[PDB]
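This file shows Cyclin-dependent kinase 7 complexed with samuraciclib.
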Amino acid sequence: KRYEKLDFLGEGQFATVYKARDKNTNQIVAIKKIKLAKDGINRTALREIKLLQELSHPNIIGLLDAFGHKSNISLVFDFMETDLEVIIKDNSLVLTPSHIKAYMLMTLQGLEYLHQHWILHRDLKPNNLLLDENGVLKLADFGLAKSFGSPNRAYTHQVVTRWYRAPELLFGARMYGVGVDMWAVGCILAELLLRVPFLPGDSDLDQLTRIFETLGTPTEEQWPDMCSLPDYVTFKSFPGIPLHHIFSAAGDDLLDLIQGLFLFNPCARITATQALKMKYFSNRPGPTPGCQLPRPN
Amino acid sequence: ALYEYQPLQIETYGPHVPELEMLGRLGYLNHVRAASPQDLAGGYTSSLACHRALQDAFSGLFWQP
Amino acid sequence: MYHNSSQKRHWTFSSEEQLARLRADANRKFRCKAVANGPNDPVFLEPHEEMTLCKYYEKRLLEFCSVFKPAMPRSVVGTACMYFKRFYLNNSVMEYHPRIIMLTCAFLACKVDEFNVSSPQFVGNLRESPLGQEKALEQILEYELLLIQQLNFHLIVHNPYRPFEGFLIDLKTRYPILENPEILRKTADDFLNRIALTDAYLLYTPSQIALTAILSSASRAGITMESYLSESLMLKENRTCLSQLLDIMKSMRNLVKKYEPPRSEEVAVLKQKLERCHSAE
Ligand SMILES: CC(C)c1cnn2c(NCc3ccccc3)cc(NC[C@H]3CCNC[C@@H]3O)nc12
């Protein structure tokens, strides 16, 4: 209640976001005030509160504060000027390979921290990748994030925005791991390289059709146990387009990163740690500093 | 100004946890339930459950307030 | 992960006398507020009486989560009990009744641990008239933000159960002197339950609590396990840490021994005084 409401930052199913000043330090923050019967405080708000109070990484959005009144709660976050979707859709911005390297590096560092603490973001997409004024990407929108690694808990499979949903989720995986995030990273990476949604399927079966058409229908040698998934339906044997035909400007190291991120086998799909260890990030050019990342203004 | 990976050192105030790929060849997976074929198809391997249990068992074992 | 959790950073205390001071401060603050609201009146409860009522209502919380349908996972029960302990660590039983706070802690624990229970199910687990169940739901929703504010918005609770499973895995794989460590489990489980009746959850790490339970089961079984601590856990190379760990486990065991259950006649008197205090709140 020490917060002066400056502007209106957005509206979404569960909440409304405003720019604000913290008067006690005169800071610019984003207040996510939760909207609304006989169920109490919104579970999305509680999920984001409980998970973001346990995480502290430069590339994960900081929950600066929280408060509220009867059954209506509001969460105080770092204010972010833009999200990666605005950079991707800004035809005036040129995404050099170094800028893509910087974005992927910050995303994978935030995701490595997040996965080391056994949390799946599970809603990764360019909107949820916010950029502060200093060029530091942060993961945001933890309303679907869930702790993984526990056999005793079943997870939903309708949980990642369809265009970035991994094939095990489209096939209906109830138990999964970091792959569902890393696939989305690949999709984000692909979109960073194409400036267009990589796999923009209209439905779940259309999403699977797009995936298999772009990358080949997976065999049981590529993805063992694939048929065990609850919603597995056999598809046409698409040859798939070679990645250098999709990403014409991608070097062989970037193609190796992309291929690792897009493995159909969620166990063989690279994690954030080993994605960060790949030679793509070690090679030249170095990732651009945050102060030099492109700013959609 | 090239990136070099750093293993992201975080202090667990407890004993060393064996690495996730070390777990099977050190015999830990003999003592956890094997992942079902659906769980393997999703990316759950029971190395995750074993690793998380071992990490929680050692997280702050040597820590005092 | 506990080692950088808010539980470690804010809700693990140096000694049981800091807990006593916090609770005495809460009792004193309610007294001072009520006197400033309209001093040595016997209507108030003394901090040890508040402690007895907190122990009694903690036990009722365990019972409520025991008979809860659908079956409540043990992590939810632990989370609710931790919430109850923290709330009444900084709050008076005379201001917020422990029955409604008990149910509110269970409700918030169910939401926080992703145990998707609809509010009608939750209040259907109350052995009451349906009108009383709706009244109890209204009170639960009324107090929920209050609980979250009194927890300082730290909702993740690290229980000793997962570290218990991890220690059992580690004993099976690395400590072959102990054949079938699962013989410990039940007895260790019992000791773990006893630790939950004490203030250990606010004083020790969940891994220390789990290790104490396992070693106490083993000692109760006639099994020595200094070799597990020193060589298997590599405390042979750091004797200061081994001494610290053994002291922690010894003090946890003593803190379990000096635990006293709430006496039924004492609790009846204190409950009547509590109702008198809340009637004239
Ligand atoms: C709540 C918090 C994480 C936050 C901090 N800054 N900020 C801004 N800033 C303005 C803005 C405009 C356009 C694109 C991105 C950001 C907008 C915003 N909108 C709410 C959602 C919308 C979808 N993407 C994730 C956002 O949190 N949420 C936030």
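Chain IDs: alphabetical, in sequence-line order. The PDB entry numbering applies to chain A: residues 10-45, 51-311, in that order. For chain B, we keep the numbers from the PDB entry: what you see runs 244-308, in order. Throughout, chain C uses the PDB entry numbering, with the displayed residues spanning 1-38, 42-284 in order. Both counts, for ligands and for their atoms, begin at 1 and track the order of listing. The header says electron microscopy, 2.5 Å. All values below come from the heavy atoms of this structure, side chains included, with hydrogens, waters and symmetry mates left out.
Other chains reaching under 4.0 Å from samuraciclib with at least one heavy atom: A. Neither the backbone nor the side chain of A:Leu89 has a heavy atom within less than 4.0 Å of samuraciclib.
Counting heavy atoms closer than 4.0 Å to samuraciclib, residue A:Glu95 contributes backbone atoms (N, CA, C, O) but none from C-beta onward. Each of the atoms 4 (C), 5 (C), 6 (N) of samuraciclib lies under 4.0 Å from some heavy atom of A:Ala39. Per UniProt, the active-site residue of chain A found nearest to samuraciclib (heavy-atom distance, rounded to 1 Å) is A:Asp137, 8 Å.
UniProt domain boundaries put most chain A contacts with samuraciclib inside Protein kinase. Residue contact annotation: A:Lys152 has no non-hydrogen atom under 4.0 Å from samuraciclib. Within a heavy-atom distance under 4.0 Å, samuraciclib reaches the following UniProt ATP-binding residues of chain A: A:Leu18, A:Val26, A:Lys41.
The residues of other chains having a heavy atom under 4.0 Å from samuraciclib are listed as A:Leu18, A:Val26, A:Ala39, A:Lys41, A:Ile75, A:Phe91, A:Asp92, A:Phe93, A:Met94, A:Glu95, A:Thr96, A:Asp97, A:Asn141, A:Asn142, A:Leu144.
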